[PDB]
K.L.:
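Input: one structure, supplied below.
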Number of protein chains: 2
Amino acid sequence: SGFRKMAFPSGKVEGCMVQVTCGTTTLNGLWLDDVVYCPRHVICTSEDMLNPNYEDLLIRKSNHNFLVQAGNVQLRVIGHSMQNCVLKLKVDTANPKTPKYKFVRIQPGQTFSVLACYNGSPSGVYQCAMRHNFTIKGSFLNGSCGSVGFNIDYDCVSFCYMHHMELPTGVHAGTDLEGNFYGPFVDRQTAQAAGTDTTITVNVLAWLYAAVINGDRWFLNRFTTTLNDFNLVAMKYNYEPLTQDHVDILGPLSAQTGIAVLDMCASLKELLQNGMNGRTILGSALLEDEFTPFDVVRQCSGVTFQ
Amino acid sequence: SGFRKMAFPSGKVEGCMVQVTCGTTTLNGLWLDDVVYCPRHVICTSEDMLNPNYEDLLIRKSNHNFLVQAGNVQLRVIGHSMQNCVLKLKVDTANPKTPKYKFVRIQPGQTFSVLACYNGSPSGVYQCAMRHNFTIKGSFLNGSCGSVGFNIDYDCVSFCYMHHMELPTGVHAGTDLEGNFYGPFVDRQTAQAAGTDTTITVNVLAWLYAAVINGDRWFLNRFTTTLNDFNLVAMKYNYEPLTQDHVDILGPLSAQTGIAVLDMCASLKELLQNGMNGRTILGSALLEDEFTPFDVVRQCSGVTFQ
Ligand SMILES: *[C@H](O)[C@H](C[C@@H]1CCNC1=O)NC(=O)[C@H](CC(C)C)NC(=O)OCc1ccccc1
Ligand SMILES: *[C@H](O)[C@H](C[C@@H]1CCNC1=O)NC(=O)[C@H](CC(C)C)NC(=O)OCc1ccccc1
């Protein structure tokens, strides 16, 4: 028993991280087969960051201007192209450590592990969620761009995120591996607004099920509710409206615990309206929303990877 | 910016995990050079767990009774011995993936990454602290024993923990890699008492410095205090007494932030006496104590590993 914010094992991704330097700017790239993916802002100078014309900037760049380093070994760049906000640097050597992989664009509420890197070397690994305002709450310093977010299913790495920037609120924004930003964000140094940060209701519910499984049950109350009645309380607390799909997704945890989804909704309503009265649930003094139903089953049933 | 419970990258340790089976019991072993380390309870049956005589049980065991599997490949066991609560299974093949490593016995308040494994395969990675009562707050199911806790300094893996058991309180106990338990715990299925769980004061202070660095400053107040005056308030809230060594350890964060350690103590005193009034510090609604001063500098300055 016990419940922790658990990241995927990072080894398969560690073997894909390289360093990409263009002039004075150094960041991280992802080396899959004979291609290195990195943020296109690698080509920017301190001047260029306010309002870069990425097309004009890139024209002044040839293959030999991209220094690509795997450990202490230099890769030879034989091609380069821009896809949305990422560069694809074609190298003459296939990564011998390429795992089975997919590029996936994930949905708000879904979670992933981040391998934070500097100069193509791993610093650390942590779990994040794509929030409803298409931000993540990460830990990123200068040089961290090109750090990736991923899931593992068995032996397959699903890359969903590449790090590009930090907003005024101290939260983080980036792209899928096709270089399309999550949310309305653009890769230029201008004040950009994350909108309302709504709580991922289905994920809070998942986590209350995790708590019940681990013997933390104080908050189970005597009431039930309806989707429409629960959602009136959700709107007030900036919670995502609960839908029958969410109820269906919680079906296995509901069936495992014998606690009906709408009875757990009723418990959640009283926690939102009454607070926690100085108590904790799974060692937490607020309602956690960065565990999916899948994450809870995965953690509470010991699912493993290659 | 931003601050997360960050684990070390796990790849170097992933390549050391094997599966160890003795009769019907399967758990994880650590394969370093030509030696596999695992919990000695691998030799127990369901009967044996209440009051095992480990010496008598082991006598009925030969090399060929220990099935050691690295992925889908069988290792040949050419020797076996008990060291305290671990078995060392000598194999005829040196692990080709052995990293540079040390066995360290860590001190309460120190933190480490756990690679939770089942059947010798990684499930996930998370950060833990050795608590003052020599327990950890992990996530462990049946089959997780032999999972290890570690730190990385550059290219060297320092193994500090091997998982053996869960107490009534839902917290976790285990050994160093010499097989000596942290705390008074023994490897038998009997109600065992973790004592008072004191908060790691120096670690709370470290985390308040992390908060100030990341722009969360609401809790900085107008007061200072003395070690003796602070510690009177610590004892009441079951906080570890603060010492000049702790003050010295916080010296770099104090010097970086220009907030004197005893002024931060005064801020901590008011948080303990007044609570947080429904506010958060670095997204947390309680005082976090599983970040060391080193962890804070490491995270806030981007220290990387091989
Ligand atoms: C990529 O290495 C870098 C990551 C930033 C640096 C601080 N925290 C992060 O997440 N990205 C940028 O510097 C980005 C570049 C533009 C061309 C998009 N600009 C940015 O994020 O501006 C905010 C900022 C910069 C430096 C320190 C703190 C915030
Ligand atoms: C090692 O695989 C296993 C880990 C336990 C299982 C549940 N959570 C854990 O951390 N250790 C044991 O089963 C241990 C064996 C003795 C010979 C020391 N006994 C134990 O931890 O008893 C408590 C327990 C067992 C099963 C489920 C929940 C609690």
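In this entry the chain letters A, B, ... are assigned according to the order of the sequence lines. Chain A is numbered as in the PDB entry, which gives 1-306 for the residues shown. We're sticking with the PDB entry numbering for chain B, so the shown stretch reads 1-306, in order. Counting convention: from 1, in listed order, for ligands and their atoms alike.
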K.L.:
Could you tell me the main partner of ligand 1 here, using whatever name the PDB entry has for it?
P.N.:
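The largest contact partner is 3C-like proteinase nsp5.
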K.L.:
Return the drug name for ligand 1.
P.N.:
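At ligand 1, it's GC376 (bound form).
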K.L.:
Report the chain letters of other chains having a non-hydrogen atom under 4.0 Å from GC376 (bound form, ligand 1).
P.N.:
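Going by heavy atoms, that would be A.
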K.L.:
So, does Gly143(A) sit close enough to GC376 (bound form, ligand 1) that a heavy atom of it is under 4.0 Å from the ligand?
P.N.:
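The answer is yes, since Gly143(A) has a heavy atom less than 4.0 Å from GC376 (bound form, ligand 1).
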K.L.:
Between GC376 (bound form, ligand 1) and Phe185(A), can you find any atom pair, the residue atom being a heavy atom, that is separated by under 4.0 Å?
P.N.:
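No, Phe185(A) has no heavy atoms under 4.0 Å from GC376 (bound form, ligand 1).
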K.L.:
Quick one: nearest non-hydrogen protein atom to atom 6 (C) of GC376 (bound form, ligand 1), plus distance?
P.N.:
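That would be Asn142(A) ND2, 3.6 Å.
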K.L.:
Specify which UniProt domain of chain A supplies the largest share of contacts to GC376 (bound form, ligand 1).
P.N.:
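That would be UniProt domain Peptidase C30.
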K.L.:
Per the deposit, which organism is listed for chain A?
P.N.:
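The deposit names Severe acute respiratory syndrome coronavirus 2.
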K.L.:
Would you call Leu27(A) a GC376 (bound form, ligand 1) contact, heavy-atom distance under 4.0 Å?
P.N.:
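No; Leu27(A) lies far enough from GC376 (bound form, ligand 1) that no heavy-atom distance drops under 4.0 Å.
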K.L.:
Would you look at chain A and tell me which UniProt active-site residue is nearest GC376 (bound form, ligand 1)? The heavy-atom distance to 1 Å is enough.
P.N.:
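Per UniProt, closest by heavy-atom distance: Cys145(A), 2 Å.
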K.L.:
State the covalent attachment site of GC376 (bound form, ligand 1) as residue and atom, or none.
P.N.:
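Covalent anchor: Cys145(A) SG.
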K.L.:
Name every other-chain residue that has a non-hydrogen atom under 4.0 Å from GC376 (bound form, ligand 1).
P.N.:
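The binding site of GC376 (bound form, ligand 1) (heavy atoms) is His41(A), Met49(A), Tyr54(A), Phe140(A), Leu141(A), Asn142(A), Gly143(A), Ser144(A), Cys145(A), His163(A), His164(A), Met165(A), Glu166(A), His172(A), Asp187(A), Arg188(A).
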K.L.:
When you pair each N or O of GC376 (bound form, ligand 1) with protein N or O atoms, which pairs come out under 3.5 Å?
P.N.:
| from | atom 1 | to | atom 2 | distance (Å) |
| --- | --- | --- | --- | --- |
| GC376 (bound form, ligand 1) | 2 (O) | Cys145(A) | N | 3.2 |
| GC376 (bound form, ligand 1) | 8 (N) | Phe140(A) | O | 3.2 |
| GC376 (bound form, ligand 1) | 8 (N) | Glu166(A) | OE1 | 3.0 |
| GC376 (bound form, ligand 1) | 10 (O) | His163(A) | NE2 | 2.8 |
| GC376 (bound form, ligand 1) | 11 (N) | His164(A) | O | 2.9 |
| GC376 (bound form, ligand 1) | 21 (O) | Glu166(A) | N | 3.0 |

